[PDB]
> 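Examining a structure with disopyramide at the moment.
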Amino acid sequence: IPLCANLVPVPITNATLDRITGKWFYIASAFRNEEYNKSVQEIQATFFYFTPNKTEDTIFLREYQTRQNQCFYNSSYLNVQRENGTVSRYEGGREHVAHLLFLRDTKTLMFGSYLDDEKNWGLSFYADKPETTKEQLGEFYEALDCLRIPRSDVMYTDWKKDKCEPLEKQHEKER
Ligand SMILES: CC(C)N(CC[C@](C(N)=O)(c1ccccc1)c1ccccn1)C(C)C
């Protein structure tokens, strides 16, 4: 099985939307795009919820980000472009598009940014737990290997640093 196979766009079905539904933890990312490297540098932890709306091709996103030892919560909707296998988010006068990609491990997922551009591409890595196994991490490294991004360029979260669970639990009461 060739290295790049899981870096090819895959159309998103209802089944794909079911598979991504729920809580994910941000594990790691690496990009050649400087803007993304800059934004991500400062993220210490992040977890999020996806609630797809299959009929509107949107996904409701609730996001719990830790930067500078404090909790920033945002909710918004992503749009789904099923055929291209991408999801998009409007983030300040700009639509941002990412390819939804998969690894052998069904408890992970990744998003590819600027995948058609060798000067800007990158990958972000997510798991259903804030800790990953060495198998999950190797799959991610292999994907980076395909983009010729060295492993040493990877930026990681630190689940020790999460400042957001006290907000998530406070949100659970109301909902
Ligand atoms: C700052 C933080 C929010 N970013 C993630 C952006 C991302 C992605 N490409 O993984 C996305 C961007 C644009 C369009 C879709 C998805 C996403 C994935 C899952 C959840 C939140 N957001 C960093 C790690 C780059």
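Residue numbering for chain A follows the PDB entry, covering 2-176 in order. We count ligands from 1, going down the list as the structure has it; atoms in each ligand are counted the same way. Quick check of the header: X-ray crystallography, 2.2 Å.
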> Please provide the name that UniProt uses for the chief contact partner of disopyramide (ligand 1).
Alpha-1-acid glycoprotein 2
> Who's the nearest protein heavy-atom neighbour of atom 11 (C) of disopyramide (ligand 1), and how far?
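Here the nearest protein heavy atom works out to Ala99 CB, 4.3 Å.
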> What is the nearest protein non-hydrogen atom to atom 23 (C) of disopyramide (ligand 1), stated with its residue, atom name and distance?
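Closest protein heavy atom to atom 23 (C) of disopyramide (ligand 1): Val41 CG2, 3.6 Å.
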> For disopyramide (ligand 1), which atoms have a heavy atom of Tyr27 less than 4.0 angstrom away?
24 (C)
> Where does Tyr91 meet disopyramide (ligand 1), judged by heavy-atom distances below 4.0 Å: at the side chain, the backbone, both, or neither?
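Under 4.0 Å from disopyramide (ligand 1), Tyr91 contributes no heavy atoms.
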> May I ask you to identify, for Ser125, whether its side chain, its backbone, both or neither come under 4.0 Å of disopyramide (ligand 1) on a heavy-atom basis?
side chain
> Nearest protein heavy-atom contact for atom 22 (N) of disopyramide (ligand 1): which residue, which atom, what distance?
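The closest one turns out to be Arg90 NH1, 3.1 Å.
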> Measure the distance from atom 14 (C) of disopyramide (ligand 1) to every protein heavy atom, then report the residue, atom name and distance (to 0.1 Å) of the closest one.
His97 O, 3.3 Å
> Does any N/O atom on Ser40 come nearer than 3.5 Å to any N/O atom on disopyramide (ligand 1)?
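Among all N and O atoms of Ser40, none is under 3.5 Å from an N or O of disopyramide (ligand 1).
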> Can an N or O of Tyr127 be found at a distance shorter than 3.5 Å from an N or O of disopyramide (ligand 1)?
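Yes, there is a polar N/O contact under 3.5 Å.
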> What do we get for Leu79 next to disopyramide (ligand 1) when only non-hydrogen atoms under 4.0 Å count, side chain, backbone, both or neither?
neither
> Given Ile28, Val88, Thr87, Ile44, identify the one with the heavy atom nearest to atom 1 (C) of disopyramide (ligand 1).
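Nearest option to atom 1 (C) of disopyramide (ligand 1), by heavy atoms: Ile44.
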> Using a 4.0 Å heavy-atom cut-off, which part of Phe51 comes near disopyramide (ligand 1): side chain, backbone, both, or neither?
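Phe51 to disopyramide (ligand 1): side-chain contact only, backbone stays beyond 4.0 Å.
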> When you measure from atom 12 (C) of disopyramide (ligand 1) to every protein heavy atom, which one gives the shortest distance, and what is it?
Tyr37 OH, 4.0 Å
> Out of curiosity, what organism is attached to chain A in the PDB?
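Going by the PDB entry, Homo sapiens.
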> Which residues does the binding site of disopyramide (ligand 1) contain at 4.0 Å, with heavy atoms considered?
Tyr27, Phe32, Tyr37, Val41, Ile44, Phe49, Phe51, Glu64, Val88, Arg90, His97, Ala99, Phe112, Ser114, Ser125, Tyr127
> Could you give the N/O to N/O pairs under 3.5 Å linking disopyramide (ligand 1) and the protein, each with its distance?
| unit_1 | atom_1 | unit_2 | atom_2 | d |
| --- | --- | --- | --- | --- |
| disopyramide (ligand 1) | 10 (O) | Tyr127 | OH | 2.8 |
| disopyramide (ligand 1) | 22 (N) | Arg90 | NH1 | 3.1 |

